[PDB]
S.K.: 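Pasting a structure here, questions to come.
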Amino acid sequence: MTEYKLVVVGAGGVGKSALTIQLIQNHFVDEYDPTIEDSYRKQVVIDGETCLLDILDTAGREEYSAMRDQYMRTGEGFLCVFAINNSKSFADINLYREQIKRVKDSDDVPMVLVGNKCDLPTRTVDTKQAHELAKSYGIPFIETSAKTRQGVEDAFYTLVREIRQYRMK
Amino acid sequence: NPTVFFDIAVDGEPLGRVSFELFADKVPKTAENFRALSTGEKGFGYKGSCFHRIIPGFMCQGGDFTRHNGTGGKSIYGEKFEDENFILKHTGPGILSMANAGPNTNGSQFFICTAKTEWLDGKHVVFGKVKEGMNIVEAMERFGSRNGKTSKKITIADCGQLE
Ligand SMILES: CCn1c(-c2cc(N3CCN(C)CC3)cnc2[C@H](C)OC)c2c3cc(ccc31)-c1csc(n1)C[C@H](NC(=O)[C@H]1C[C@@H]1C)C(=O)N1CCC[C@H](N1)C(=O)OCC(C)(C)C2
Ligand SMILES: Nc1nc2c(ncn2[C@@H]2O[C@H](COP(=O)(O)OP(=O)(O)NP(=O)(O)O)[C@@H](O)[C@H]2O)c(=O)[nH]1
Ligand SMILES: [Mg+2]
């Protein structure tokens, strides 16, 4: 069974843990519970093949940005998460992508752009802006709600597909 | 300055007592919060709560007596209170300081440093230090881990104020 090392990154509070816990534990808790770091393992079937996902949930803390490099070296694909009601988090995406590119010394790193919190009515990042950013990176864009589960499996599975295509070459 | 104690237990078995000097002379509101939470005199407080995050090389954090999962706790003034001052620094092992969710969000959660943590200076209010029982805090470290999850339940079996 093929293993995929996924890493969830993005600014503090965008919903990285809520997305990961929804995938792993199938529930959502509306609490401020900032992450230190957590690793999870889950077996799934994607496009008819058994996959073992190793998922690293990371802290979104600019004051510890130097601590990211070690997990960027090890990770194989990155879920780059912003919140649709937080324009700063959307700008912070580029900092994470640039850091991944520099640490991994490549423009070809498997990544998916995730716009989370799409259950909230007051959106400040429009879908056109997010689609154009993902297009400029050459990566998929997926809208999610960790609260309702909308798009959650799609986001993680799409990232696996990006890694699978990368390994084919 | 008042002194308070915690009797620490590991999966319900006694480990020992840690006592703290609370710097009421420099941070009176913050010292008073910890003192009253240690006695339980407001009807709630630290007794029975656990250390939910122990990271060897850094600190032991606890104080969530409301949700018992690291997200809760409350002060004696309301859910949260302001940063009183940042006069004192995280100079080394034994420093007692407030956890928070950003500026002006002190509740009941606190941490005890097991090393110098100078990057926390100006962000967390230091308000006391271990007086007796630093050996106990050192012994607590082996029940932690890199991300802080504990391998046994580390609890404040009893706590209060000393004469
Ligand atoms: C990058 C990985 N990381 C790291 C980190 C940092 C380093 N170095 C930094 C300094 N240089 C000089 C050397 C290398 C090395 N190794 C790691 C860890 C072991 O790598 C896994 C930390 C950290 C903190 C948070 C998130 C990620 C984090 C975080 C997440 S919530 C937080 N901080 C603040 C925390 N609020 C709460 O709990 C709120 C919820 C309640 C109400 C809080 O008031 N306190 C008290 C003070 C200590 C702090 N908790 C805490 O636990 O700090 C852990 C520590 C290890 C000290 C720092
Ligand atoms: N409405 C709504 N709230 C969400 C959603 N995802 C997360 N939240 C909320 O947003 C807050 C932050 O979520 P969390 O997953 O802890 O964020 P994080 O990106 O892991 N933060 P950190 O980097 O500090 O670990 C929490 O209150 C959580 O309940 C979502 O899809 N919808
Ligand atoms: Mg998180």
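Chains: lettered A, B, ... by order of sequence lines. Just so it is clear, chain A uses the PDB entry numbers, and the residues here are 1-169, in order. The numbering of chain B matches the PDB entry: 3-165, in order. Keep in mind that the numbers below use all heavy atoms, side chains included, and drop hydrogens, waters and symmetry copies. Counting convention: from 1, in listed order, for ligands and their atoms alike.
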S.K.: How do PDB records name the drug found at ligand 1?
M.R.: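 Recorded as daraxonrasib.
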S.K.: Tell me which macromolecule has the most close contacts with daraxonrasib (ligand 1), using the naming in UniProt.
M.R.: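 The chain with the most contacts is Peptidyl-prolyl cis-trans isomerase A, N-terminally processed.
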S.K.: I'm curious which other chains sit close to daraxonrasib (ligand 1), say any heavy atom under 4.0 Å. Can you tell me?
M.R.: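 Heavy atoms that close belong to A, B.
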S.K.: Are any non-hydrogen protein atoms located under 4.0 Å from atom 43 (C) of daraxonrasib (ligand 1)?
M.R.: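 At least one protein heavy atom is under 4.0 Å away.
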S.K.: Does any N or O atom in A/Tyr64 lie less than 3.5 angstrom from one in daraxonrasib (ligand 1), N or O only?
M.R.: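 The answer is no, given that A/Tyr64 and daraxonrasib (ligand 1) share no N or O pair closer than 3.5 Å.
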S.K.: In terms of residue, atom name and distance, what is the protein heavy atom nearest to atom 8 (N) of daraxonrasib (ligand 1)?
M.R.: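 Residue, atom and distance for the closest contact: A/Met67 SD, 4.0 Å.
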S.K.: Do you see a protein non-hydrogen atom under 4.0 Å from atom 19 (C) of daraxonrasib (ligand 1)?
M.R.: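 So atom 19 (C) of daraxonrasib (ligand 1) has protein heavy-atom neighbours under 4.0 Å.
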S.K.: In daraxonrasib (ligand 1), which numbered atoms sit nearer than 4.0 Å to a non-hydrogen atom of A/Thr35?
M.R.: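 By the 4.0 Å cutoff, the relevant atoms are 26 (C), 27 (C), 30 (C).
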S.K.: Give the numbers and elements of all daraxonrasib (ligand 1) atoms closer than 4.0 Å to a heavy atom of A/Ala59.
M.R.: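 Near A/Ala59, the atoms of daraxonrasib (ligand 1) are 26 (C), 27 (C).
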S.K.: Determine whether the side chain, the backbone, both or neither of B/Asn102 has a heavy atom under 4.0 Å from any heavy atom of daraxonrasib (ligand 1).
M.R.: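 It is the backbone that gets close, since no side chain atom is under 4.0 Å.
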S.K.: Could you list the atoms of daraxonrasib (ligand 1) found under 4.0 angstrom from a heavy atom of B/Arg148?
M.R.: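 Atoms satisfying the 4.0 Å criterion: 19 (C), 21 (C).
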S.K.: Which UniProt domain in chain B is home to most of the residues around daraxonrasib (ligand 1)?
M.R.: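 UniProt calls that domain PPIase cyclophilin-type.
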S.K.: Residue-level breakdown please: for B/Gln63 versus daraxonrasib (ligand 1), do any non-hydrogen atoms fall below 4.0 Å on the side chain, on the backbone, on both, or on neither?
M.R.: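 The answer is the side chain of B/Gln63.
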S.K.: Would you say atom 13 (C) of daraxonrasib (ligand 1) makes contact with the protein, given that contact here means a non-hydrogen protein atom less than 4.0 Å away?
M.R.: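 So far as the 4.0 Å threshold goes, atom 13 (C) of daraxonrasib (ligand 1) is out of reach of every protein heavy atom.
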S.K.: Show me which atoms of daraxonrasib (ligand 1) lie under 4.0 Å from any heavy atom of B/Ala101.
M.R.: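 Counting from 1, the qualifying ligand atoms are 43 (C), 44 (O).
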S.K.: Which heavy atom of the protein is the closest neighbour of atom 2 (C) of daraxonrasib (ligand 1), given with residue, atom name and distance?
M.R.: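 Minimum-distance protein heavy atom for atom 2 (C) of daraxonrasib (ligand 1) reads A/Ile36 O, 4.4 Å.
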S.K.: What label does the deposit attach to chain A?
M.R.: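 The entry lists it as GTPase NRas.
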S.K.: Which protein heavy atom lies closest to atom 57 (C) of daraxonrasib (ligand 1), and at what distance to 0.1 Å?
M.R.: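 In this structure, atom 57 (C) of daraxonrasib (ligand 1) has B/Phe60 CD2, 3.7 Å as its nearest protein heavy atom.
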S.K.: Where is the nearest protein heavy atom to atom 30 (C) of daraxonrasib (ligand 1): which residue, which atom, and how far?
M.R.: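 Among all protein heavy atoms, the one nearest atom 30 (C) of daraxonrasib (ligand 1) is A/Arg61 NH1, 3.4 Å.
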S.K.: Nearest to atom 38 (O) of daraxonrasib (ligand 1) by heavy atom, A/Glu63, B/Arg55, B/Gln111: which?
M.R.: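 Result: the heavy atom closest to atom 38 (O) of daraxonrasib (ligand 1) is in B/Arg55.
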S.K.: Which of the atoms in daraxonrasib (ligand 1), numbered in the order shown and given with their element, are less than 4.0 Å from a heavy-atom of B/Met61?
M.R.: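 Per the distance check, 51 (C), 52 (O).
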S.K.: Which chain residues come within 4.0 Å of daraxonrasib (ligand 1), judged by heavy atoms?
M.R.: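 Counting heavy atoms, it is made of A/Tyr32, A/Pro34, A/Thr35, A/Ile36, A/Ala59, A/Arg61, A/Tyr64, A/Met67, B/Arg55, B/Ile57, B/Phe60, B/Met61, B/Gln63, B/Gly72, B/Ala101, B/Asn102, B/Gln111, B/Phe113, B/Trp121, B/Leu122, B/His126, B/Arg148.
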